[PDB]
K.L.:
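Structure with pioglitazone attached for reference.
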Amino acid sequence: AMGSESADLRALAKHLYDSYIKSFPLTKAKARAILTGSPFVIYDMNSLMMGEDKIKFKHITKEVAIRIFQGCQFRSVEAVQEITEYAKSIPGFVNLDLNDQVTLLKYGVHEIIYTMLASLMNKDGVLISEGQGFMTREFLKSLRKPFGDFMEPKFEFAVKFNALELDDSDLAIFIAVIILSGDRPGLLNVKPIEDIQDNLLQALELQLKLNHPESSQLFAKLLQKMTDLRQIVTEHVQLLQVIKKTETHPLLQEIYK
Amino acid sequence: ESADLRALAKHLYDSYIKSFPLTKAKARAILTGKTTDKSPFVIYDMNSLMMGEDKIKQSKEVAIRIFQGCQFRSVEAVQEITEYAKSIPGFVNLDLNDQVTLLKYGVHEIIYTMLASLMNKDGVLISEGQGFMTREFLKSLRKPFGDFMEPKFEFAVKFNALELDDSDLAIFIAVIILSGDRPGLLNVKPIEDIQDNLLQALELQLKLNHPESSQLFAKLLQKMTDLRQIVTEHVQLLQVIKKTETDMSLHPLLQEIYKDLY
Ligand SMILES: CCc1ccc(CCOc2ccc(C[C@@H]3SC(=O)NC3=O)cc2)nc1
């Protein structure tokens with residue numbers, strides 16, 4: 001029995017890494033290799049126009065700021081399905097009450113999207129179209145109000161988050177901790193979700209201790225980032241309030257809400 | 001790959017349960033009175049219709065009010081079906097125009113597939129299982145509405161004879177959505193490749209769940225011919241209705257679906 005707890009936690013961590021690799025083809029490791037230095041760079045309106053020829057976008061059915069926002073929504077819809085697939089491989093998740101599964105995902109996917117978005121970001125821009133393109137932070141910032149300000153807070157979060165230097169094996173456990181959050185509103189069976197999250201937290205803590213021995217209290221630091229993810233999501237939900245009440249297919253509208 | 005196809009089948013069943021509150025299993029339980037709950041209210045004539053509208057809980061003429069009730073149920077189903085479609089692996093990665101086309105052309109085929117789950121040869125469950133409207137009452141409605149539901153009943157009787165359950169239907173409805181022959185599709189092969197995988201998953205599901213049912217896979221695919229004819233004939237009936245009725249306020253969602261459809 002000596003060492004068996006450790007071994008079980010490392011086995012869970014490896015299981016989550018392996019499934020994360022299957023659910024998310026464009027890993028942080030691959031993204032960082034692209035970002036450090038080939039993708040087509042969109043750095044202004046003109047290069048965005050030629051970018052449309054070099055890259056086949058799937059969301060084009062208008063004004064440039066609106067098309068970019070719709071492109072981001074298309075990608076987020078794809079990410080919801082990748083995250084839902086990944087969640088099925090979190091031990092315990094599929095055996096939960098079906099309604100609680102839906103609830104956990106409804107509230108979890110946005111926090112996860114912005115966590116994983118940081119893997120594709122550096123301080124100067126973001127990979128798009130599976131690494132085929134790179135859009136500068138400055139170009140996004142330049143878009144007309146209120147679209148100039150919709151990606152900037154995500155960049156702010158990502159620069160700080162990426163300074164933790166987490167890798168894919170760390171993130172796989174962290175995103176599972178996020179999904180198994182017992183405090184989402186409307187959950188029927190809270191105790192089993194907390195039990196699963198307890199074991200995931202143990203696994204995350206041991207993973208960070210072994211992978212980042214030089215990083216004092218990285219576990220605590222990473223848990224604290226949950227306050228900023230929740231801030232980012234809340235703030236982002238408010239901005240989606242504006243866009244639907246100041247800006248402007250019926251099936252298309254259905255696909256997304 | 002066997003385990004991949006079983007994992008696909010289980011994923012679709014789960015998302016089907018998440019997306020469709022009134023399953024065939026529940027519809028069947030109500031139809032045969034097997035669990036708790038009080039029997040549904042039976043509407044078999046004009047007097048029982050009048051009272052059913054009082055107990056079960058805005059045109060004035062009866063045939064139009066029933067037709068509009070069917071339209072409202074359809075809008076609801078479209079919302080459930082589109083929610084389901086997003087869960088089909090690969091669907092949301094398609095060109096967005098093709099996503100819209102697949103839903104435009106698939107949604108009624110699925111509506112009539114799942115309508116069969118609420119039908120027997122004598123009538124159809126309505127209002128979330130709180131009512132049961134008889135087939136003979138529906139056939140009594142004035143022209144051209146006495147012919148509205150009858151072809152759907154003819155389909156349901158033949159389709160229900162296949163004895164599918166919800167786990168079978170979840171894969172079947174995904175096969176319907178991922179049809180590469182819809183008019184106006186831009187990227188056909190990505191859709192066909194997905195449907196190919198769904199067809200492999202459906203074939204294995206039928207062989208495991210229905211080992212004694214010879215050629216059930218083929219017989220189920222043959223019902224796709226019958227579903228297409230129900231939809232195209234329903235569009236025909238809509239053209240007759242346009243000529244026989246005064247204003248028909250059609251829900252805008254149905255307006256877009258029907259726009260330039262057959
Ligand atoms: C209380 C009136 C009533 C309530 C629901 C049903 C059962 C539903 O049968 C249906 C029949 C047709 C549809 C398709 C509807 S009707 C139409 O023109 N377009 C549609 O999408 C959808 C459901 N029967 C009678």
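All chains are named by letter (A, B, ...) in the order of the sequence lines, taking the proteins before the strands, and each is independently numbered beginning at 1. Indexing begins at 1, ligand by ligand and atom by atom, following the structure's order. Excluded from the calculations below are hydrogen atoms, water molecules and symmetry mates; all remaining heavy atoms, backbone and side chain alike, are included.
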K.L.:
Main binding partner of pioglitazone in this structure, as named by the PDB entry?
P.N.:
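By most contacts, it's Peroxisome proliferator-activated receptor gamma.
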K.L.:
Just wondering, which other chains does a 4.0 Å heavy-atom cut-off pick up around pioglitazone?
P.N.:
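By letter, the heavy-atom neighbours are B.
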K.L.:
Report yes if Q71(B) has an N/O atom closer than 3.5 Å to an N/O atom of pioglitazone; otherwise report no.
P.N.:
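Checking pioglitazone against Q71(B), no N or O pair falls under 3.5 Å apart.
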K.L.:
Say whether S74(B), considering both its backbone and side-chain N or O atoms, lies within less than 3.5 Å of an N or O atom on pioglitazone.
P.N.:
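Yes, there is a polar N/O contact under 3.5 Å.
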K.L.:
Looking at residues of chain B within contact distance of pioglitazone, which UniProt domain do most of them fall in?
P.N.:
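Most contacts come from the UniProt domain NR LBD.
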K.L.:
Return the residue, atom name and 0.1 Å-rounded distance of the protein heavy atom closest to atom 17 (C) of pioglitazone.
P.N.:
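I find the closest protein heavy atom is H234(B) NE2, 3.2 Å.
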K.L.:
Can you pull the source organism for chain B from the entry for me?
P.N.:
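The PDB entry says Homo sapiens.
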K.L.:
With heavy atoms under 4.0 Å as the rule, classify the contact between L238(B) and pioglitazone as side chain, backbone, both or neither.
P.N.:
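Near pioglitazone, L238(B) shows its side chain, while the N, CA, C and O stay back.
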K.L.:
Taking the residues UniProt annotates as binding rosiglitazone in chain B, which ones lie under 4.0 Å from pioglitazone, judged by heavy atoms?
P.N.:
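By heavy-atom distance, the UniProt-listed hits: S74(B), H108(B), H234(B), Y258(B).
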K.L.:
Is the closest heavy atom of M149(B) to pioglitazone under 4.0 Å?
P.N.:
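So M149(B) counts as touching pioglitazone.
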K.L.:
What protein heavy atom sits nearest atom 19 (N) of pioglitazone, and how far away is it?
P.N.:
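Result for atom 19 (N) of pioglitazone: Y258(B) OH, 3.0 Å.
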K.L.:
Name the option, out of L250(B), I126(B), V78(B), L49(B), that contains the heavy atom nearest to atom 7 (C) of pioglitazone.
P.N.:
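Residue with the shortest heavy-atom distance to the ligand atom: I126(B).
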K.L.:
Binding site of pioglitazone: which residues fall under 4.0 Å, heavy atoms only?
P.N.:
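The heavy-atom binding site is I66(B), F67(B), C70(B), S74(B), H108(B), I111(B), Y112(B), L115(B), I126(B), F148(B), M149(B), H234(B), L238(B), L254(B), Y258(B).
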K.L.:
Could you list, one pair per line, each nitrogen or oxygen of pioglitazone together with any protein nitrogen or oxygen closer than 3.5 Å, giving atom names and the distance rounded to 0.1 Å?
P.N.:
residue: pioglitazone; atom: 18 (O); partner: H234(B); partner atom: NE2; Å: 2.9
residue: pioglitazone; atom: 19 (N); partner: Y258(B); partner atom: OH; Å: 3.0
residue: pioglitazone; atom: 21 (O); partner: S74(B); partner atom: OG; Å: 2.6
residue: pioglitazone; atom: 21 (O); partner: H108(B); partner atom: NE2; Å: 3.0

